[PDB]
Amino acid sequence: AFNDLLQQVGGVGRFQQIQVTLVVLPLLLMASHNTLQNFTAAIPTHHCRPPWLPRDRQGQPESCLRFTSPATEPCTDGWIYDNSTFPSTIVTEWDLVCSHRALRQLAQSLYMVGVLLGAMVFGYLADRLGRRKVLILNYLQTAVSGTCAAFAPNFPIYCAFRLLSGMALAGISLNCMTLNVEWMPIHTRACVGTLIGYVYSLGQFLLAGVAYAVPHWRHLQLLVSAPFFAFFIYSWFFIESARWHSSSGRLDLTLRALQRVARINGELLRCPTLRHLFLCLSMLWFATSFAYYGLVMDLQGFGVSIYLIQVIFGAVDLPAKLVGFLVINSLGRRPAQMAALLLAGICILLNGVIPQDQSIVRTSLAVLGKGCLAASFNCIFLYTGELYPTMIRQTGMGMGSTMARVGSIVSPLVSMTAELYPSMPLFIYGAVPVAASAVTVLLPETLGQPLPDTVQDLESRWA
Ligand SMILES: CCCc1nc(C(C)(C)O)c(C(=O)O)n1Cc1ccc(-c2ccccc2-c2nnn[nH]2)cc1
Ligand SMILES: [Cl-]
């Protein structure tokens, strides 16, 4: 087959290495954009501007009411914002405060809409028309759209321009895995799948470095999206996947692509047996994505600085993956997933009840929540591939992944309930994973058996 021909020129070689580094290099900035809203939309302290002010029950001045005389009158005028730590954010620029608390959460929602939208349209287009031709278009779109939001004068312009950047980013991530797996032989088709996560996790460190140097949100937003233009120049000289050319009936160009390598080197829901598994796998993607993005979106509530608390989050992943790796090879994929989920949900519940006065305890069970979900989010993907049959494994993983973003959409929407009850958002934020722990019990497979090529062995393995 094609696998022998790919290894005929030497398999992985000088041509192969130079292609892998270039495509995976922007993945460092890939994770920067997801949590960029955290630093850009930071909310500072503020008090009403007189043309003294009442204080709260804890001894702090109010933020929406002003003394009628030196009755109670709403803050018709603006407010003076702190400049000791945050020179300027979108809250300081546009009045997203008081009666407009929910507006800031809305900006994140449409960002999650853009990434969801880019999975369908671009995925459909990436097969009808050449694969690498989509990658160049996505690279150019994210460079122009990123810099336009840095100069948006009106709030509706900011939301609209951010949505277009979300569509471009989704296609970049999807095409990175598809293009690389085509030119990598099956004998080394798993090493790349582990390097991506390490590069994905290292993105959290880069955001901390740039945030300290550039406090201004207008300059910080520009800096993150600035290098993407540079990657567009290098992306011109790529090589299209040879497997796709033969599939569409374009073999005549396949030989030329192969020759250049040598010189350089030297329907799913149509059967009960699948609908039972799909429903069980459905709640696993949803629950994990719900809790994961519900803890990273806010980190200023705790008593530690935002910069320091971020670097702890980006380094706790390394112990998390090591523990999960040992349990996978010793106890099993299913026992690891269930144990992690029940432990993660319990940790979140205890955080809400515990008072915020003691910061040391508060950050102890807040870091553990991020670390636990990091291990679970890696277990689910590995188990998913082993379960689905080869006929629909490619479609099943994509369908399962395209719904994980649906959980990310709901995550900031539930945060609007803080207006009524401040602790209320934490109640649902940990209740869902615990109820999801009762889904893994009904899964009728485990690990240690040969992979199912056909559906005929699914019932045989059950009995
Ligand atoms: C750390 C974030 C996880 C995540 N976020 C998204 C959003 C931003 C909502 O799109 C998605 C998604 O596209 O569905 N995912 C899935 C994902 C799962 C595992 C991994 C992973 C982690 C460690 C090692 C390997 C992988 C991996 N396996 N397959 N692809 N990546 C990466 C991404
Ligand atoms: Cl993604």
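In this chain, numbering begins with 1 at the start of the sequence shown. In listed order, ligands and their atoms are each counted from 1. We read in the header that electron microscopy, 3.9 Å was used to get this structure. FYI, side chains are in, hydrogens and waters are out, and symmetry mates aren't considered; it's all heavy atoms of this structure.
Sitting at ligand 1 is the drug olmesartan. Counting heavy-atom pairs under 4.5 Å, the chain with the most contacts to olmesartan is listed in the PDB entry as Solute carrier family 22 member 6.
Transmembrane segments of chain A (UniProt order, N terminus first) with a heavy atom under 4.0 Å from olmesartan: 4, 5, 7, 10, 11.
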